[PDB]
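Only one structure is covered here, and it is reproduced in the block below.
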Amino acid sequence: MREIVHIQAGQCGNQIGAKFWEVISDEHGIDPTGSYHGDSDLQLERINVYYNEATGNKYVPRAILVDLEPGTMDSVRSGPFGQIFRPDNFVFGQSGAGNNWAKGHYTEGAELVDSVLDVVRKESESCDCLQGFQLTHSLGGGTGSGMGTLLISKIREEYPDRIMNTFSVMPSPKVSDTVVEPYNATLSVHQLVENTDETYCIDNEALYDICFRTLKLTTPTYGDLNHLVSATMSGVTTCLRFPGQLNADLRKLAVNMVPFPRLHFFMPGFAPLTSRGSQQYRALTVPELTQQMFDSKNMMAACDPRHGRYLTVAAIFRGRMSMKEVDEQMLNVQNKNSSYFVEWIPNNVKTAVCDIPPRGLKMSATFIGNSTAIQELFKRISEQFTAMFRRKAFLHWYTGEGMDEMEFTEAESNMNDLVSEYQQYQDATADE
Amino acid sequence: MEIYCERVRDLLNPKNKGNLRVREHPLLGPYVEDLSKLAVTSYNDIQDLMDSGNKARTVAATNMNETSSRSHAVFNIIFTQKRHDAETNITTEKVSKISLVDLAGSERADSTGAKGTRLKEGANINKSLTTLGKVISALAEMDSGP
Amino acid sequence: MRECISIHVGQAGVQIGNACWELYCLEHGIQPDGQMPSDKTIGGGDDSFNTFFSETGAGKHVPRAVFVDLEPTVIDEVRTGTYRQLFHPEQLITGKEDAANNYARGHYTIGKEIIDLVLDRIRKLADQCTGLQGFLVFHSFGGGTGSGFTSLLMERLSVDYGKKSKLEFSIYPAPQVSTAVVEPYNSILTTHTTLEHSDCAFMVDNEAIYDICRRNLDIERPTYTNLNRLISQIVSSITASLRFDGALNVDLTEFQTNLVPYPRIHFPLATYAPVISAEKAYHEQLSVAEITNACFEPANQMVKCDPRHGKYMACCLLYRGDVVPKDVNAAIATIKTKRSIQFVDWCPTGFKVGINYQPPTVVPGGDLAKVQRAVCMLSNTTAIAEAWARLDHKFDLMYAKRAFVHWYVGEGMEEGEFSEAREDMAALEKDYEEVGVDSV
Ligand SMILES: CC(=O)O[C@H]1C(=O)[C@@]2(C)[C@H]([C@H](OC(=O)c3ccccc3)[C@]3(O)C[C@H](OC(=O)[C@H](O)[C@@H](NC(=O)c4ccccc4)c4ccccc4)C(C)=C1C3(C)C)[C@]1(OC(C)=O)CO[C@@H]1C[C@@H]2O
Ligand SMILES: Nc1nc2c(ncn2[C@@H]2O[C@H](COP(=O)(O)OP(=O)(O)OP(=O)(O)O)[C@@H](O)[C@H]2O)c(=O)[nH]1
Ligand SMILES: Nc1nc2c(ncn2[C@@H]2O[C@H](COP(=O)(O)OP(=O)(O)O)[C@@H](O)[C@H]2O)c(=O)[nH]1
Ligand SMILES: [Mg+2]
């Protein structure tokens, strides 16, 4: 059986994980107390992917919560689903990172990492056949970047064979909330490019754009953004939990997506989106989902896919639909926009279908694209990084915690090399 | 130094369970941090160091060779010339680096009878060798073209 | 006694097996639970025929089949489905992840640790048999399991049993539509086992059957169930001669004697002529000449290749129902008269004919109409190569840059093993371009 271990670090990761757990639970039918109150019999068939049994016919999620500030832990416990988690998995400290990558990675995180790893070993030992991990965090912050990177490094050292994923919120181009975002983002990407096996790039600006233009909300809050991200996270790994006509394990997605080891950054997407009060106008079907799925406005990465080429793409459908319609639509999309697909991969669309759609959605589709245009994002950070490293704007805060300029230089060089690789394929011609 | 499975291990340094980090000096390029760099003054010293290094290397048997190598090996010599004509010349004029590299042999898996840990070592060796072939081909094409 | 063993590997094989065994259970009057009430009403006969079913003491019939996969989902659909009481509980799941579209995982690392159980189950089934005739393996190119584990299993079977026939039905990649970006690697690697160990391999493509469903059957949104039902009809027509009485009967050895002029030329195509909806079933006589002329139509081929670009080297016709030898002789003469169908000079006869009395059955909730006469053609042509050539092109376009190669190398494969296979494939294609050159 395929068991997944879930880790959460920092304010952003913890809130996303809380909303995500509030979702999966409904999909499988779990009350906030833990007892099962459902209708179908397929919901318990594969519940062990995420949940562990407990003696009173109870289910406890296989999650780990990490921070260095008790405030977020208190907020999560004092909530609708606070009592579902195991208390022993609430690992935390005091005197948080303070938006400093050095404090998170070297000074403060180095004390709590041992306890976090002990909990991780205990959780992974009980699994029958572990599949992989997944971790949610924010790169622009403190605690999240440092402790997530340290945990990723340690876990990769200990479990070299299994899959590692990451759902990371990157710094946005214009909507900014921390003055030293570029240092943390660069130092985090320098390690993410090496250690993890997949990465999905989320941007707050894209989510706000979707909420205001597509969903037509008036006062979006972080709850809705967490909703979107949770929807995507649940849709990615559906085929481990429900039967279908074409299954797609995480490893299969990894093999079909990345052509080379260093290019494992993806743009996610979800369809459909009717904004309500206009559901009665749109006819839901397969071509409509495909039309909405490949559109640029839908992307959550805040980067235009029209400025590059799709290295490859994967689509996971959920519903009861015909295979010919799916295959015809993917072929049509490939043939119509022939300029935006790389030419030395003869077919670069992976397809999967599952029979059980979401609670109230006769159909749904998830999208994982791998395109060169993502380089734009990295370039932005790199530019800003230079603008603050040429004069050493806020460097002393890092150097007081045990770092040196060499670390910054090598991180900048590594990200620039990543940008150069992605740019090597972006231009047309190339061919044979 | 040796490369076993994407980890650098020192040989002259005695039993040290930890690995050695790889860092890039901005001007001098890649290198490895805390490599036990040892001086020499007699042929006996370097001979004994070479014997100890070969002894401590990781080696395993297989169908293709009774004593095969499970790790790439790199031997490096740093040599300094000091011209000390006190009237005119200065010392430490020339510094030179000599590198001697022994690579692991491509594993065919089924023909070698690999199994368990040996198979994973063979897989890592093959990955490294394929990467080496790709760079070599790319660099050759690049220099040939321009 | 005439006996066969069926092996289904991978998701495609298991689903095709579901459709097949539904058809077989329907044909002989066996309920899903294995009981056969008609014996109490009939009072005699061996209608619980030994070609596919073994009879226990209490009257229950258990099929001669082995299901294999490296993930639990697809078989767990069967363990709790309608036919949960038909099969033996030994279904051979791997309690681990799947090959993940990786040939190396399915042949070297994860493909083992379950091969021994499969061989033991097959050994028990073959030992229980008395007069085993052959194996029918169902798999699919382009899948990790269906390529790698099929290769390993076929190699072991050839080493172990040796002289028994080994047919093979497979889903070949389509020219344009596809569901994986690493299909060509898997197919080209799988070339070796189907070339060397298999005795006769039949090819099927999804695009061809989609077109047939669209035009003949008038289904605008078909799914895999229709595909599997059609393939099951073809396989049943092939195997029917072992079961029911007929005027002219053909064993598996006859197929392997008349369709393979040389050892390395054993890749024929298969077609089924009367595919027609119930609404269009009227307005048409569906006589022998019509159905046998429908076989040679290029639009009814089950693989997207044009037979007109090559030459026909051999043909087997299998008739079911109310058919008379006078009509089939006249049909053969008419087909020989036409010029569009070209026969190689060194095969003056060309045709083999078999006739069976049992007409085809109709599944409830199906799409094919009830018909009185049915035909299955197995033709050995030199048009196949064309399809292979297309696939080869795709492989080259990805192998010039070594894309996706590190995934294969990290699981025990060596790089050079790619190139060898490609060259091997080139050799087969050239021998299908010389066997047809006109003699001088
Ligand atoms: C009444 C109705 O059916 O209307 C739809 C609806 O209008 C739309 C707009 C829904 C609606 O979603 C949003 O408005 C939204 C707001 C913020 C962030 C993200 C979404 C919907 O709220 C979301 C809701 O989705 C679900 O309930 C899914 O089953 C989904 N739900 C969750 O994510 C979830 C959240 C908390 C707790 C439990 C589940 C799901 C998916 C996989 C597995 C389990 C659940 C649906 C269909 C609708 C409404 C209600 C309007 C959409 O969302 C989903 C996930 O279906 C937005 O894009 C889709 C397209 C739908 O047409
Ligand atoms: N005709 C037909 N083809 C199918 C069916 N299901 C899957 N396929 C084909 O199978 C190919 C995918 O490979 P699979 O056969 O699923 O490989 P697998 O059995 O899943 O093995 P793994 O990939 O390791 O899980 C696709 O190209 C499909 O065209 C089916 O029900 N009918
Ligand atoms: N999507 C999303 N982003 C958030 C949320 N809360 C904070 N953020 C983002 O997280 C960034 C700050 O990271 P932070 O959580 O403080 O990192 P930490 O201090 O190490 O835990 C800001 O740029 C915010 O935009 C949330 O609930 N959802
Ligand atoms: Mg499968």
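To find a chain's letter, count down the sequence lines: the first is A, the second B. Residues displayed in chain A correspond, in order, to the PDB entry positions 1-432. Using the PDB entry numbers, chain B covers 147-292, in order. We number chain C the same way the PDB entry does; the residues here are 1-440, in that order. The structure shown is a partial extract from the entry, and contact counts are restricted to the extract. Below, all heavy atoms of this structure are taken into account, side chains as well, without hydrogens, waters or symmetry copies. Just so you know, ligand 1 is whichever comes first in the structure, and atom 1 is the first atom listed for that ligand.
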Worksheet item: Quick check: what drug is at ligand 1?
Response: Taxol
Fill in: Chief contact partner of Taxol - name in the PDB entry
Tubulin beta-2B chain
Item to complete: Identify the other chains in heavy-atom contact with Taxol at a 4.0 Å cut-off.
Response: A
Worksheet item: Where is the covalent link for Taxol placed, by residue name, number and atom?
Response: none
Discussion item. What residues end up in the site of Taxol at 4.0 Å, going by heavy-atom distances?
Written reply: A:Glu22, A:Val23, A:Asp26, A:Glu27, A:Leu215, A:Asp224, A:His227, A:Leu228, A:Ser234, A:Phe270, A:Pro272, A:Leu273, A:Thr274, A:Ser275, A:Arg276, A:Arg318, A:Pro358, A:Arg359, A:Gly360, A:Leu361
